[PDB]
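Shown here: phenylbutazone bound to Syntenin-1.
Just so we're on the same page: letters track the sequence lines, and every chain starts at 1. Excluded from the calculations below are hydrogen atoms, water molecules and symmetry mates; all remaining heavy atoms, backbone and side chain alike, are included. Numbering of ligands and ligand atoms starts at 1, following listing order.
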Number of protein chains: 2
Amino acid sequence: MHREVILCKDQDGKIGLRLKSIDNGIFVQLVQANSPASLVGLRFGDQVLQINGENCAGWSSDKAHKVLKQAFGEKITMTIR
Amino acid sequence: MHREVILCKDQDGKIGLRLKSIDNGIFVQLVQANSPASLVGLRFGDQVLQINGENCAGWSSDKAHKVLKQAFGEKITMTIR
Ligand SMILES: CCCCC1C(=O)N(c2ccccc2)N(c2ccccc2)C1=O
Ligand SMILES: CCCCC1C(=O)N(c2ccccc2)N(c2ccccc2)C1=O
């Protein structure tokens, strides 16, 4: 099911999340232990549907991480399945 | 109506929010310009119903700010009316 998660960057600007583009989607490839990403329950294999309001269908892995990096207000919003 | 807001501390650990205890409730007394608080649309007079899962009914102004300070994971959750 659809779910929104809100991640706050840690004190070094990081969230602890690696993403993979595949099958026209964006998926969670690696979640760092004890991180903003693990705090909201992200897991290997989760699909990311939106990042900061934008549909990620057809984004590259590097685009998805760029948009993560460009987060506004120390805050990353994502829609997940 | 009920609403949840999620605030991410800025890079100096701050959120830009002053709260007042009155009439058995917690209300927004001051919102700093260009802050985590203004980013989520908080306004003078808003009522804070919950902070980080806890009902704030009957909290002191100093308790409410303490709980703000004790935020977990660089993240403040609030329920607002
Ligand atoms: C607890 C360790 C945190 C490192 C983690 C992170 O915060 N970013 C990360 C860094 C800046 C913005 C968004 C995420 N990336 C990352 C992974 C792959 C490619 C690029 C960045 C990471 O692996
Ligand atoms: C853009 C300026 C930010 C200052 C603002 C803030 O982040 N906290 C604040 C500081 C630490 C934790 C939570 C909030 N308080 C504050 C107000 C009244 C009493 C105590 C703290 C503030 O006024």
Inset, instruction - Write down the other chains that contact phenylbutazone (ligand 2) with heavy atoms under 4.0 Å. - result: B
Inset, instruction - Show the binding site of phenylbutazone (ligand 2) at 4.0 Å, heavy-atom contacts only. - result: B/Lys14, B/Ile15, B/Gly16, B/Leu17, B/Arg18, B/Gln32, B/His65, B/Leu68, B/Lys69
Inset, instruction - Taking only heavy atoms of B/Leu17 into account, list the atoms of phenylbutazone (ligand 2) that are under 4.0 Å away from them. - result: 5 (C), 15 (N), 16 (C), 17 (C)
Legend entry - Ligands/ions within less than 4.0 Å of phenylbutazone (ligand 2): none
Inset, instruction - Please say whether B/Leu68 places an N or O atom under 3.5 Å from an N or O atom belonging to phenylbutazone (ligand 2). - result: no
Inset, instruction - Give the atoms of phenylbutazone (ligand 2), by number and element, whose distance to some non-hydrogen atom of B/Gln32 is under 4.0 Å. - result: 1 (C), 2 (C)
Inset, instruction - Output the list of atoms in phenylbutazone (ligand 2) that are nearer than 4.0 Å to some heavy atom of B/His65, sorted by atom number. - result: 18 (C), 19 (C)
Inset, instruction - Using distance alone, decide if phenylbutazone (ligand 2) has a nitrogen or oxygen within less than 3.5 Å of any nitrogen or oxygen in B/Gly13. - result: no
Legend entry - Atom indices of phenylbutazone (ligand 2), in the order listed, that fall short of 4.0 Å to a heavy atom of B/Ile15: 6 (C), 7 (O), 14 (C)
Legend entry - UniProt domain holding most chain B contacts with phenylbutazone (ligand 2): PDZ 1
